[PDB]
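Consider the following structure, which contains NVP-AUY922.
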Amino acid sequence: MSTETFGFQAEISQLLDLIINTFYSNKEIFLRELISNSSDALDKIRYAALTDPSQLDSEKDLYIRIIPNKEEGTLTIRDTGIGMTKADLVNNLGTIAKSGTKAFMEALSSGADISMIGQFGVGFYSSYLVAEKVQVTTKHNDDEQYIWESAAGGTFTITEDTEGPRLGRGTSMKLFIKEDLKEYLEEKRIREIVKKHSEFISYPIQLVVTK
Ligand SMILES: CCNC(=O)c1noc(-c2cc(C(C)C)c(O)cc2O)c1-c1ccc(CN2CCOCC2)cc1
């Protein structure tokens, strides 16, 4: 249960400051990128299953589920993707991201839009447009379950998950929404965003509504 504290790569910290401290209007594009990242993770496990199906034993259902928690003020995006290993959390959210993170700001200096963040493979960091803190719970078939957490203060912590709920396989991403942005926890707002930005994705998008 030991927590290892790591620091963001310099370009990622530099980019993370550009997302938080700059004012943008349609911050709703974060959900498009988090669903798209969930869809890409779902693609990788079907392709792994085509090679070896024993990979779906962890969880046979492939879906994308959104769980807004108004009382906790969190938006959770759970998908049964291939998941990430402890190594992958550092090497997929870093190093591979460095070329894209730099290329994004090189495009942003050329006058690009914040919505193009997905074309540079760093669409996850757009979640900090609406989230003050992000808890990424992941589980890959060949590794253990880990909780990645960061408030974009230049440091991120990876914790081996031993007391949280089992995922089996996939990635559960808990976004701690800023108080002025609780609109992204409303039922109607989430759905009109999903239909607007993620209409044509192959996997089923699920929303947990509570009455
Ligand atoms: C290495 C094999 N495993 C995975 O790729 C994986 N499993 O779960 C992933 C999710 C990641 C995120 C954020 C933290 C990146 C989500 O919001 C949702 C996921 O399912 C997730 C993932 C999916 C896509 C990406 C970014 N891609 C896409 C753009 O190019 C770079 C790589 C990064 C991570």
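Per the PDB entry, chain A residues shown: 1-211, in order. Just follow the structure's listing: the first ligand is 1, and inside any ligand the first atom is 1. Hydrogens, waters and symmetry mates play no part in the numbers below; they use all other heavy atoms, side chains included.
What binds NVP-AUY922 most in this entry is, by the naming of the PDB entry, Hsp90-like protein. For chain A, the PDB entry reports the organism Cryptococcus neoformans.
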